[PDB]
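Drug present: carfentanil.
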Amino acid sequence: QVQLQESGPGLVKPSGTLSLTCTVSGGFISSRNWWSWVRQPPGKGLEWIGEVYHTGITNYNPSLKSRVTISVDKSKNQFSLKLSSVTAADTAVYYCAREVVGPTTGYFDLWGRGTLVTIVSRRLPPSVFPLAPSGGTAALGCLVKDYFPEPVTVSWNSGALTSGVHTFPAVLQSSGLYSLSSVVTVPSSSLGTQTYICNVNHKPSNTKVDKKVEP
Amino acid sequence: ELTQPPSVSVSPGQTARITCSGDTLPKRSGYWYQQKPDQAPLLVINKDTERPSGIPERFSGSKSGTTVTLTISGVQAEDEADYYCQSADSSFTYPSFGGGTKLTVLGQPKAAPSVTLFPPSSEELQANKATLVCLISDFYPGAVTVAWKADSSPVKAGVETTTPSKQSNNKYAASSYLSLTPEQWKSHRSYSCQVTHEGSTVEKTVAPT
Ligand SMILES: CCC(=O)N(c1ccccc1)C1(C(=O)OC)CCN(CCc2ccccc2)CC1
């Protein structure tokens, strides 16, 4: 089956240019389908950006049409999106998609996984604080304090620890800054013996921290 | 150009009807997509009434001129998702999308919250700051109240509490943060987080090391 995968920078400066590429695998760019880009701001609905045929013919959303470039490159079996003069309104998850187009109707029959692109103007790096943890289970965690904008990713032990992990939704404080916590529930017996490290990444401020959580 | 209701709620095993209205539906047809959190949309009804292979038989579609409807029979908790209708404009130049309908499945069993309360980290105190973190998980329905106490006196200032949000197991999670000065933290014998849920309370207490 055909698979689509977006790639490209996840952070763009205001008035800069967003640039994404869709790699098509398992089939050819050359076909009766059209290839498109669709975006979805966090918590909002879908918005179509535009479409391209394998010959290069393009057709864009008129509300974006001056800022959009969609291109095809059959040698690499890819198609790409450039969105110029970006603002905060352009922060969204971007999806590449395949369209099935008939004489009078069309629809979307295949989607990439989506990639978040954030237009970063103001930013603030978080502080990362361990939340230190008898029998039973024990809770330990990491507090990611006072960052902007979203998002932050948290993993544990480089992704080797997944069972018992709960990363809570961030709080928007009255300061206009975000905080979040991530907690692992582990057997109390493994504390003195197993090392626990929370891997925090706030890409907008390039805050990448691996914080050891000890008793 | 395409109109669908922002929300629909049903009980497990009932039938959900999601409508989509638009003057282009007769000529340009309607297509329905299901979208779950952190996932791309998935086509569940093709060209008004066709179900793709691999879509459960409880999904069906119908057409009524300027309106098309997605019907989900015997709704299950796993059907909770956003549903988008899609068509095209009258000139067949551009796709059109509805705003999306959030389908909520009610009838989940009541569940009491678990509470974890953390004191300020030594690292934070060295930064001349203090945050207490109260984490509340695995409750239902998704409404809780949080009350902080210094020793046994209510604390209202410096409290930041999230709106409960659904976890990947269909229960709710929330968190509350209490900011203090290091002096406040060391002055009192303890601080408590009191979490109330459906008239029941759970309380956790922490104290300076
Ligand atoms: C060669 C010119 C050409 O074909 N088209 C065209 C028309 C004007 C300008 C540029 C390109 C289109 C067309 O007419 O469909 C054959 C215009 C519509 N596009 C489909 C829109 C769509 C996408 C997804 C869901 C629903 C609808 C497809 C191409």
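Residue numbers begin at 1 in each chain, while the letters A, B, ... track the order of the sequences. Whatever order the structure lists ligands and atoms in, that order sets their numbers, starting from 1. Only this structure's heavy atoms are used, side chains among them; waters, hydrogens and symmetry mates stay out. The deposited model was determined using X-ray crystallography, 1.8 Å.
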Which entities in the file belong to carfentanil, all copies counted?
ligand 1
Return the chain letters whose heavy atoms come under 4.0 Å from carfentanil, other chains only.
A, B
Find all residues with any heavy atom less than 4.0 Å from an atom of carfentanil.
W34(A), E51(A), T58(A), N59(A), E99(A), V101(A), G106(A), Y107(A), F108(A), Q86(B), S87(B), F92(B), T93(B), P95(B)
Would you mind listing which atoms of carfentanil come within a distance below 4.0 Å of any non-hydrogen atom of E99(A)?
23 (C), 24 (C)
Suppose I only count heavy atoms of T58(A) and a 4.0 Å limit; which atoms of carfentanil are within that range?
10 (C)
Shortest protein heavy-atom distance from atom 12 (C) of carfentanil, along with the residue and atom involved
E51(A) OE2, 4.3 Å
Counting only non-hydrogen atoms of the protein, does one fall under 4.0 Å from atom 6 (C) of carfentanil?
no
Can you tell me which residue and heavy atom of the protein come closest to atom 17 (C) of carfentanil, and the distance to 0.1 Å?
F92(B) O, 3.6 Å
Polar contact flag for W34(A) and carfentanil (N/O pairs, less than 3.5 Å)
no
Is there at least one protein heavy-atom neighbour under 4.0 Å from atom 26 (C) of carfentanil?
yes
Closer than 4.0 Å to some heavy atom of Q86(B) - which atoms of carfentanil meet that?
25 (C), 26 (C)
Please list the nearest protein heavy atom to atom 16 (C) of carfentanil with its residue and the distance rounded to 0.1 Å.
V101(A) CG1, 3.5 Å
Give me the nearest non-hydrogen protein atom to atom 11 (C) of carfentanil as residue plus atom name, then the distance to 0.1 Å.
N59(A) CB, 4.0 Å
Which atoms from carfentanil have a heavy atom of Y107(A) less than 4.0 Å away?
25 (C)
Could you tell me, for carfentanil, which of its N or O atoms are under 3.5 Å from any protein N or O, listing the pairs and their distances rounded to 0.1 Å?
| residue | atom | partner | partner atom | Å |
| --- | --- | --- | --- | --- |
| carfentanil | 19 (N) | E51(A) | OE1 | 3.2 |
| carfentanil | 19 (N) | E51(A) | OE2 | 2.6 |

